[PDB]
K.L.:
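I have a PDB entry of ensitrelvir bound to 3C-like proteinase nsp5; a few questions follow.
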There are 2 protein chains.
Amino acid sequence: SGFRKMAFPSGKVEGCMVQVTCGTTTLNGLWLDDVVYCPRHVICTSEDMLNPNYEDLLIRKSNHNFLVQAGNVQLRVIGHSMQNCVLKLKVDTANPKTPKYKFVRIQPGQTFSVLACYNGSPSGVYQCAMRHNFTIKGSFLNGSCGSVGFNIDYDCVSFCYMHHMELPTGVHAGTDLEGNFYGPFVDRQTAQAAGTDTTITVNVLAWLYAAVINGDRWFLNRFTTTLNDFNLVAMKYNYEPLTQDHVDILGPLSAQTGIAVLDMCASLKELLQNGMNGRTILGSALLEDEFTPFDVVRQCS
Amino acid sequence: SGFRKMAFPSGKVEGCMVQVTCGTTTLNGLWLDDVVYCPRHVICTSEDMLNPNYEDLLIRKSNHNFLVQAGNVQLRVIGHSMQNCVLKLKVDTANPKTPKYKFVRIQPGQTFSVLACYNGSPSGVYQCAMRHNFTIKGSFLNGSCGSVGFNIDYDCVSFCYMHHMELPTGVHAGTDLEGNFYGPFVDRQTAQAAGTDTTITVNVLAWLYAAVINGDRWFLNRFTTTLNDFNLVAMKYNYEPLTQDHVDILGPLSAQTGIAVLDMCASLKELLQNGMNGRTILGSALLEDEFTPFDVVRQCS
Ligand SMILES: Cn1cnc(Cn2c(=O)nc(Nc3cc4cn(C)nc4cc3Cl)n(Cc3cc(F)c(F)cc3F)c2=O)n1
Ligand SMILES: Cn1cnc(Cn2c(=O)nc(Nc3cc4cn(C)nc4cc3Cl)n(Cc3cc(F)c(F)cc3F)c2=O)n1
């Protein structure tokens, strides 16, 4: 029993984290096989970071301009190239700790683990979700650039996020490992700000099922709603539309608990309309939306 | 910016996790140097687990009764002994991945990371606190026995918890790595239940400082209270007494924010007396008490 914000074990990722320095600019890199991946922002000097032309900046660099440190061992850079917003530094040594891995891009509403890293040294691990506005509500300080987000499936690390920058609201923006930003952001100083966000409805329902599995039942009721009638209410509260795809994905949790999805939607409707009235669900006084149906099934069974 | 339930990177602990089987009973063990540590409950058969005499059960076992598996490698057991509620199995191979480590016992209100493990295979990592009733609000399923809790200081893993059992309320009980239970619990079937718990006041204050560091200031006020007057109010709400020791520990956060501890106590008093009125602090609608002052300083600076 119990339900926690649970991350994947981070060891397979810790073994790939390195420090990359270009000039006086330093950040974190990801060392897989004989390649180090890092944000291309590392090639900016303080005068470049505002409005850089990255193709110009990279043409002006040599392999010897990049210092890659794996612990107390320098890795010799023998090639460099840029793929969108990530730099690829070919090194003369394959990482012996390379796990089985993939580069996958995730969807808003999906979750991943973040290994926060400073000067190539891992500091902490936490769980977060990609928001509907393609930001993440992370926890990052100066020096965290290049930290990565990932999921683990069996033995395979699926890397899905590399951290670039903090937006004015304190939320975070980054790329997939192909260098393509999540959301309408660029790796330079502009007026960019996060767009409007919504509550991830299917995740809230998954978490209500987690609560029932853990014996929190006070919010259940005898009612069932239609999908259309639920969506009419949920949108008024800035909740994402619930689809038949979402209902289908919640099927296993509905089976384990014996509560149909549209029956649980009637609980959520009442919680939205009435509040929680001084009570809690799984130790929270808010409706939590950063657990996916798969996260709940993984943790509760 | 940002504030998350953040665990320590778990790789140093993953490299020590093994599976221990005695008869048909299986659980997780911790392999450090040439010793495997695990709950002594592993020597119980289904008929023994209710009311065992462990000294009797261990005298009836041989080294060959213990199967220790480190991944796909069997470790040869060459000695066995029991220290309180933990079994020590001496193996013929020192773990090459042994980190620098200590066995430390923690205090109620302190936090640690948990590496949840099943069949010797790490599954997830999360953060929790030792409660005042010496339980933890963990997330554990069948097969998690022997999972460990730890903190990391520089390069040194301080192991502080090994998981034994789930109590009827769904909270969790275990030992330090010397085999000594946290709280008045025993590794057998009795009427044992968790005693009354309290809110960890110094942690709530630390988290309010975290909120201020992150720009959440709506709960601040012009007032300051005395320590005695705060404690008179906080106890009515089942909060632990605040001591001058706690005030002193909060000094660094008070300095960074420029808010005296007794000034912040006046905010907490008002939050307790008035509620939160539909607003949130660091994304929560409750006062969070599982971040220590050290956790806040580590994460916010
Ligand atoms: C508070 N916070 C939360 N997340 C972050 C991530 N982050 C970062 O770690 N570093 C950044 N700028 C740098 C300054 C450097 C100074 N030296 C010596 N080396 C440095 C390296 C960097 Cl990367 N930034 C800012 C930033 C990073 C980008 F990748 C980008 F495209 C635009 C930006 F404004 C940063 O956000 N800090
Ligand atoms: C739901 N939950 C949450 N935490 C836990 C931890 N936990 C556990 O993992 N296993 C336990 N009993 C076993 C049965 C076995 C069956 N086989 C084949 N092997 C087994 C090994 C164990 Cl350890 N228990 C119960 C339990 C474990 C103790 F160490 C103890 F002293 C008393 C107990 F009732 C358990 O709580 N499950």
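Heads up: chain A is whatever sequence line comes first, chain B the next one, etc. By the PDB entry numbering, chain A shows 1-301, in order. Shown for chain B, in order and in the PDB entry numbering: 1-301. In each ligand, atom 1 is the first atom listed, and ligand 1 is the first ligand listed.
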K.L.:
I'd love to know which other chains sit under 4.0 Å from ensitrelvir (ligand 1), counting non-hydrogen atoms.
P.N.:
A
K.L.:
List the source organism for chain A per the PDB.
P.N.:
Severe acute respiratory syndrome coronavirus 2
K.L.:
Determine whether the side chain, the backbone, both or neither of A:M165 has a heavy atom under 4.0 Å from any heavy atom of ensitrelvir (ligand 1).
P.N.:
both
K.L.:
Given A:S144, A:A116, A:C85, A:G23, identify the one with the heavy atom nearest to atom 5 (C) of ensitrelvir (ligand 1).
P.N.:
A:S144
K.L.:
Counting only distances below 4.0 Å, which other ligands and ions neighbour ensitrelvir (ligand 1)?
P.N.:
none
K.L.:
List every atom of ensitrelvir (ligand 1) that sits less than 4.0 Å from any heavy atom of A:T25, numbering the atoms from 1 in the order shown and giving each element.
P.N.:
19 (N), 20 (C), 21 (C)
K.L.:
I'm curious which UniProt active-site residue of chain A ends up closest to ensitrelvir (ligand 1) - could you give me that plus the heavy-atom distance, rounded to 1 Å?
P.N.:
A:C145, 3 Å
K.L.:
Of the listed options (A:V42, A:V20, A:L141), which comes nearest to atom 2 (N) of ensitrelvir (ligand 1) when hydrogens are ignored and any heavy atom counts?
P.N.:
A:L141
K.L.:
Could you check which of A:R40, A:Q189, A:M49, A:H164 puts a non-hydrogen atom nearest to atom 24 (N) of ensitrelvir (ligand 1)?
P.N.:
A:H164
K.L.:
Does ensitrelvir (ligand 1) have any atom sitting under 4.0 Å from a heavy atom of A:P39?
P.N.:
no
K.L.:
Most of the residues of chain A in contact with ensitrelvir (ligand 1) belong to what UniProt domain?
P.N.:
Peptidase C30
K.L.:
Just which atoms of ensitrelvir (ligand 1) are under 4.0 Å from any heavy atom in A:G143?
P.N.:
8 (C), 9 (O)
K.L.:
Record the residue and atom bearing a covalent link to ensitrelvir (ligand 1).
P.N.:
none
K.L.:
List ensitrelvir (ligand 1) atoms under 4.0 Å from A:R188, heavy atoms only on the residue side.
P.N.:
31 (F)
K.L.:
Geometry only, no angles: is A:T26 polar-contacting ensitrelvir (ligand 1) at N/O separations under 3.5 Å?
P.N.:
yes
K.L.:
At less than 4.0 angstrom from any non-hydrogen atom of A:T24, what atoms of ensitrelvir (ligand 1) do you find?
P.N.:
18 (C)
K.L.:
Is there any N or O on A:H172 that sits under 3.5 Å from an N or O of ensitrelvir (ligand 1)?
P.N.:
no
K.L.:
Which of the atoms of ensitrelvir (ligand 1) are close to A:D187, meaning less than 4.0 Å from one of its heavy atoms?
P.N.:
31 (F)
K.L.:
What residues contact ensitrelvir (ligand 1) if the heavy-atom distance limit is 4.0 Å?
P.N.:
A:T24, A:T25, A:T26, A:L27, A:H41, A:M49, A:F140, A:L141, A:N142, A:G143, A:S144, A:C145, A:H163, A:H164, A:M165, A:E166, A:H172, A:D187, A:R188, A:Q189
